[PDB]
Asker: 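Structure: Protein cereblon in complex with mezigdomide.
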Amino acid sequence: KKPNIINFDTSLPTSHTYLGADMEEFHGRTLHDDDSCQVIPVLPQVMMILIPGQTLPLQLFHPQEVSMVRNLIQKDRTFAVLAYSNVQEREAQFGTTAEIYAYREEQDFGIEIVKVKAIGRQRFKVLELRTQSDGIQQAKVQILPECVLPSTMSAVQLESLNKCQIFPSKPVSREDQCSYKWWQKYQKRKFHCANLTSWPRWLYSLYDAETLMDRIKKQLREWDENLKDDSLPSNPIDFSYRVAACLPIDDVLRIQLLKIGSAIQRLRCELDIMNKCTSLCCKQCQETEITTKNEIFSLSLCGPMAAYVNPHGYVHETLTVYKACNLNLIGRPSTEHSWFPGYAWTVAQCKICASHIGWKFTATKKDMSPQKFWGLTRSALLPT
Amino acid sequence: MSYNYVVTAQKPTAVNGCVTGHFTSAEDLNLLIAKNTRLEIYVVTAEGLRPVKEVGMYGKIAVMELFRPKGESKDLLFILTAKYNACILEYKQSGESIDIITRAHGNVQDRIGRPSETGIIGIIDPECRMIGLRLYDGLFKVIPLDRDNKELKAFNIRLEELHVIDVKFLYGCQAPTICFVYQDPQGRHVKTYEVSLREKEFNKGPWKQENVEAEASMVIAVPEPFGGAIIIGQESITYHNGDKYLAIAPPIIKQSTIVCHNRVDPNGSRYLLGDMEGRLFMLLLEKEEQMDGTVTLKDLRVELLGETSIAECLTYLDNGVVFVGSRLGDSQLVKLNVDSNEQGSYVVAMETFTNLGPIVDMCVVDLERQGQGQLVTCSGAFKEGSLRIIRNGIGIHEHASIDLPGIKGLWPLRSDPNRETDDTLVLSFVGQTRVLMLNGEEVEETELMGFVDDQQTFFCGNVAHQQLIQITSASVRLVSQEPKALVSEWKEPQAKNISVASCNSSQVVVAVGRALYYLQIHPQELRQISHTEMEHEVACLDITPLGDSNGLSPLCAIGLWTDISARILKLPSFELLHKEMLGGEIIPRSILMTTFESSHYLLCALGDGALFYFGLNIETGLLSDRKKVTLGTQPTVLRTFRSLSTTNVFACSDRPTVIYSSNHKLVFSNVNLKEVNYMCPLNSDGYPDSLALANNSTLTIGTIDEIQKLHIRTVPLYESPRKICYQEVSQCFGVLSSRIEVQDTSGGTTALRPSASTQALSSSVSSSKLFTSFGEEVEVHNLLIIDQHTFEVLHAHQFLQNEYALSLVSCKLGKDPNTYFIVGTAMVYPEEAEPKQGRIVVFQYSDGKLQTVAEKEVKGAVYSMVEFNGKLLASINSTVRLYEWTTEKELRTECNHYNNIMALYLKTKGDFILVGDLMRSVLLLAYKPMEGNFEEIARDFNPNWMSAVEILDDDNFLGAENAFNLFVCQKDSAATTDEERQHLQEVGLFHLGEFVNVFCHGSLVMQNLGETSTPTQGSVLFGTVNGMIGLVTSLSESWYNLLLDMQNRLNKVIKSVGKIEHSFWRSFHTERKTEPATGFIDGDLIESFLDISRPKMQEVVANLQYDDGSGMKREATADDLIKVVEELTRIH
Ligand SMILES: N#Cc1ccc(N2CCN(Cc3ccc(COc4cccc5c4CN([C@H]4CCC(=O)NC4=O)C5=O)cc3)CC2)c(F)c1
Ligand SMILES: [Zn+2]
């Protein structure tokens, strides 16, 4: 529980200076036509549900993947990451397409290693998982559409009281008696036409976009002291995707949030999950408390969780905690490939099962969070 | 595979816009009212509003304005629909034909664009140079207004300010200049632009940006000579003209915010304002400043006139009359009399127009006639909350019943000179004519002296010269009042038998076979005045005195047996002044001449049950105007009963009807009786203004109600009613309600006005122990018990503090004989978002007192409850729970079923709970009784806003969803694959144009099996926010196909206002996707087929392949459709 001094310059974590520095960058964005079927190459050896808007680090070694990515960069730059269910071996029916924005090839070690970073862009469901003899199977992809709904009062609105539906901005910022009182008149003036329908105003506030976003911002700040608009988007779609990425949940809940087609349903599901969630325990034991929900801060602009690659290419999603429990360390604190620029990771294990839950990030300078940073991963962390 | 049929049982009533101007003519002053899809055009006169035309458009009127370009004599009307169908209309009438022609039309939507949050704004240049529309964020759409722009092509001009609140055009500017207020992170600002048509872009405004109040809402453009604009916020009213500037802070407007306005002076010296809680203000502009001819403002005094209905649109009619167009209340027509000031109010109400919306809850109850339902709604909101009782049909309140074996005629008489009231009713059977006497409750058979004993009387009544007549089958015998002696008796010269008899006040014309004899009733004499014969036997005769004279009928109407023809001849002669050959085969059974609303008609009823109304000329000749209305399938007997200070005609048949005149056309209501064979107005001393009705079983005497098809009684509660249920055994209504109470600085909650909860007979406050700022408004919930006869509040139970009562059901549970009121509440606190605790409370009304039998505390909000087979089924938050009523009067949990959705809607049919939420996530369940748990059968999830849902039958389910649509989902239980079995296929789409809050099974017409039944199966009523009651029924595949073909063929014949295609209007519409309507047959389009002309009727049907019972009969006729369409009209 370290307050106030959170000195990290928390954006460096999201630049990946470990996966290389002078990485070649790519202009901007693309677009796949809604409800179209597409031929999107599938990069293998990745087993993770890539939420849209989430950065995905990658190191590529085998010649087939290197050639696939080379031809990819020379033709579009988008491949497919499939949301594998509990059953492995290509048991996936949904996914997201990754699109490249940074590229670097090394001739080191006698190999043509390609270091690449990508972010999810779209959401899709596979029709048929076609396999190619080259090694890089191309999947039959249907672009699953994104739904945005108007105000629930737009149908039952009164014309007169419409000019009275453009609210003055929130008073000051993140202050009590400027929220509990502003929101009351906000709900009273926005949903005044709920008297025509058969349901009270608070019910229509349970299906609101801005009210759900406010309640979620409250809980997330209650954990990590967030910077009001610390890149949290105003768009409910993007806000929902960010919250879904940063939530410490298991794979089934992530797939379920991925299946949801509307922002409001996604926000309601996240509220339910984040309200019914308390502890995070070791999967291989489902018996030990290696956290809580209060002991969780954010040294990354993307939240308490982000995707990082070890030098062997494996992608890890790490959860940041002030104080983890029942962890025993082994090995001197070393700093060869730390994803956090200034700490020296020490490998951590469960006190009983001895599984790689994460790392302890001890500091190097003295104006740092002193030896208090556990970056626990999800390969052993079942929400309990 | 649904095949459903939707029709409107009551047109929308809430007003969402009203304008005035010289539309119909440059001389008349018209008040145009748009209620939704209907446009009503009135004419403002001294007495009030006179309706002129009623047109129903293919869309929801979003914007309408009256503008007059150069070279026009009367104003034109520009209407924009919610589907962005713009048009310009023009009034055109030639004597009797009224047509609203479409000057221009064209869809103005964009391929891409999010509709604005403040909504559609439609403004017209005061010089009528262009039309400005703000439909989409960041884009101003401009429609040039030229005579050649008949397709309404528009170009978009970019606005850099995305949040625009209100925009209008300024008055007195060389180039078209707009003024608007917009939102910025720095606040709200007022800005102006100079729109240029040639350059197709904006320009520099005459006066630059000026900072305004943080809550500036509307802009009103002050007309010349002042100029500029007035910006009205929650606390200030400011006037902007560039250099000139004013600001006021009147404290009488701080209570509530102004939402509507209307200019009252052509020179804009005074303005009229209205706010949310319904009080009229009066903005005043002072032109006392005049330096060198320039007129400038000096003050902005604001005056409060009084309190009116909660207004959405104000409008000032001529001579101190204001039409307050209300949408959540009732429309008014008030007086701005500045001298009355009885207690401090400047307004007094003149009229009050019925407005059923918003209909929040309904229930169908057989209040008066068993079998025939009545709709009891929960209308209005805030101070306009009321209960409306809608009844279809005129009803007769029976007051006597004297059994008789098939009376073949009822005729009143007065056997008491100088009595001014009826004394006895002379019945006439097949062989005898009994004379029953009825003064008080008397039924004595007191025979008159002059009346024959054993005969079938054809007529008997009071004749001139204080004498009585009796046109028996033997001879027309005249009698006397005081001495009662047979003065004369005109026997047939050949001793023939009279076939048809007709008598007037002074004349009596009888027909013996094929010969007609005219006899005048001279004082104490009866001498024939004419004699002639016709081609065939006289089927019927009618000699009724028209307006004035009343002593000699200029014309007499007859019917021919072998010709099926009706002729009108002069009474003192036999010259055929006119003729007609209406139909054939079945002979006429009755002829009647009436004077409905100073217009004379001639009604002829054939023997098959069809009445052929026609117009008649009093002086000489007659019109044709052949309009055959099939009012039953039995011979119709026509009689005239005043009973209203108006004419009225009672058409006794298998479906008795009263034919009256509404404004200038003959309407046809139906009387709620099984069958009336004969009728007679008996204004007896003991029976004031009664009407003796004789069925085939007995003679009854009663009073008719008010000649009107639909009657809406209002019971004002002065608080918002939420839910309503009816309890039969107690003869009472259970209605939830809420009242707003301000939080005073004493720890209590004082009210704002006398409500139904604070004015009950007996009162109670909930006392259960299972678990701010001065000015805040807090809701207090009550359960009111309302009598079904007097509609007086018998009791008022007040719930706990911070407890919101959600649902309500009146049912008896388990083996208990008692019936209860079950109420499910939710304890809601401002701090928390989603409640944690609720309460299931069981009341029991007996001996005029409400007692809490049982009380269950649950963890959540009880959103709905149903009575699934002697077991309350409750929806606690996202869990559906089933309760069993124990023998000790205590609820016990039996089974649970956990969903991922909020079970807002619960509709059951046998053992199939239909569960939905506000996300259109319809879920279907089944309750297995042998095992005792719920099971999921089907599921249909689609992100969309769903307003209500109903179980049409075991397979199809109907609901209403976003953008005012309807849909039907059907489960294919015969599917061999589980994925399809577990799926709910969607088999119907329809853009209703209305927002449905409630569905309910029932019908407002008599429930007659009819042996053969009717082509429509089932009946579901829905009520909408605007106040429209609809009705959806199923159809067979053959009937659905026939009606679909007829609907396609009507669309090429009927010309709509604005030339909006019907297929486009009914297409399932949504912000993200619009599809064509399927599986729904528009009852309105089909029922409009009866109102088109005969050549158009021939055009519509030429290859319909009508018959399905063997053969096709490719001709398909045109009266065969009439038989089908009338059968569909009869279902509502
Ligand atoms: N075909 C083929 C092929 C060709 C070439 C290959 N090369 C082999 C040599 N590699 C150089 C090297 C090796 C070893 C290290 C030590 O770092 C390790 C080791 C093991 C696990 C982890 C880490 C760091 N780490 C976390 C800790 C937390 C944190 O913050 N960040 C992290 O990265 C781990 O989890 C550094 C550099 C370069 C690649 C190849 F491996 C395959
Ligand atoms: Zn473990």
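Chains: A, B, ... assigned top-down by sequence line. Chain A is numbered as in the PDB entry, which gives 42-425 for the residues shown. The numbering of chain B matches the PDB entry: 1-771, 780-1140, in order. Note that ligands are numbered from 1 as they come in the structure, with each ligand's atoms numbered from 1 the same way. Just so you know, these numbers use all the heavy atoms, side chains as well, and skip hydrogens, waters and symmetry mates.
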Asker: What ligand or chain labels cover mezigdomide here?
Answerer: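 At ligand 1.
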Asker: Which chain letters belong to other chains having any non-hydrogen atom below 4.0 Å from mezigdomide?
Answerer: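 Those reaching under 4.0 Å with a heavy atom: A.
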Asker: Could you check which UniProt domain of chain A holds most residues near mezigdomide? Thanks!
Answerer: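 According to UniProt, it is cult.
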Asker: Check for other ligands or ions under 4.0 Å from mezigdomide and list them.
Answerer: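 Within the cut-off sits nothing.
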Asker: Which of the UniProt-annotated residues for (S)-thalidomide binding in chain A lie within 4.0 Å of mezigdomide, counting only non-hydrogen atoms?
Answerer: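 By heavy atom, within 4.0 Å of mezigdomide, the UniProt hits are A:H378, A:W380, A:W386.
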Asker: Which residues of other chains have a non-hydrogen atom closer than 4.0 Å to mezigdomide?
Answerer: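 Non-hydrogen contacts come from A:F102, A:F150, A:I152, A:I154, A:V350, A:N351, A:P352, A:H353, A:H378, A:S379, A:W380, A:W386, A:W400, A:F402.
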